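Structure, pemetrexed included.
We number chain A the way the PDB entry does; in order, the residues shown are 25-226. Quick check of the header: X-ray crystallography, 2.6 Å. Each ligand, and each atom within it, is numbered from 1 in the order the structure gives.
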Amino acid sequence: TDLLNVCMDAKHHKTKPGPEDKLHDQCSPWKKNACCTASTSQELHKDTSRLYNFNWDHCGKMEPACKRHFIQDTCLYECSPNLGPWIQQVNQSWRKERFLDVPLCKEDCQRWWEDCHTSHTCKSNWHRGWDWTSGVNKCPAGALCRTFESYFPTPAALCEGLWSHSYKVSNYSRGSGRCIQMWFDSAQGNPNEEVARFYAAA
Ligand SMILES: Nc1nc(=O)c2c(CCc3ccc(C(=O)N[C@@H](CCC(=O)O)C(=O)O)cc3)c[nH]c2[nH]1
Ligand SMILES: *[C@@H]1O[C@H](CO)[C@@H](O)[C@H](O)[C@H]1NC(C)=O
Ligand SMILES: [Cl-]
Ligand SMILES: [K+]
């Protein structure tokens, strides 16, 4: 119960979730109850935003169909008040907590992978090892640009590995209430509230 409606202790996160009428674009589905501020939501839509100086186009321009998923993931990461059950203490410099093994809906993972499989990257883990000497992440020594499929032969590889096991792939479907959706419309509420509620009780 102490795992429901909480914000993890990380760089830009608010202390406690609450309404944010002004959440920008892709993050707007979180507007009734968010862990991110309007400002965070607008900045995260920008290329190489000031949140992390992370450049999605480290291997040329990433296709929009692909980039929207990375934006969506960052919406979830910054805004979701429904990941408490997967929050772990990590004592890193830019976050005391992160989430780990969030049961991501199979199809969200599949779609992410399919939409990105033509785009390019130089690394299978995007958390550690970038060349930051320019102030923005660049491909480090030994890292060649390749298709996403090269670094991520399956959707599970992408969803599980790219952010250091933030997610595990869940064998449940999107409306099931047994897996976290990265994409949702929420007109009838945030579907992930029920998911957190369920796993908290296990
Ligand atoms: N699910 C999810 N998880 C995320 O983390 C995330 C992010 C943040 C990504 C990010 C990547 C690299 C570094 C960075 O600067 N890395 C350094 C080392 C960092 C350190 O000191 O620990 C590097 O080695 O390149 C810092 C932050 C955006 N969307 C996300 N979605
Ligand atoms: C995943 O779900 C499908 C049905 O949707 C099922 O056939 C399969 O057995 C499941 N996988 C596992 C390992 O349970
Ligand atoms: Cl489409
Ligand atoms: K959520």
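- The full list of places where pemetrexed can be found here is ligand 1.
- Of the chains in this structure, the chief binding partner of pemetrexed is, as UniProt puts it, Folate receptor beta.
- The binding site of pemetrexed, defined by non-hydrogen atoms within 4.0 Å, is formed by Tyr76, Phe78, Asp97, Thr98, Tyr101, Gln116, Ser117, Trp118, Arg119, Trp150, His151, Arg152, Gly153, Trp154, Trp156, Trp187, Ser190, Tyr191.
- In terms of protein heavy-atom proximity, atom 20 (C) of pemetrexed is closest to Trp118 NE1, 3.5 Å.
- Each of the following atoms of pemetrexed lies closer than 4.0 Å to a heavy atom of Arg119: 5 (O).
- For atom 24 (O) of pemetrexed, the nearest non-hydrogen atom of the protein is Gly153 N, 2.9 Å.
- Within pemetrexed, the atoms closer than 4.0 Å to a non-hydrogen atom of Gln116 are 22 (O), numbered from 1 in the order shown.
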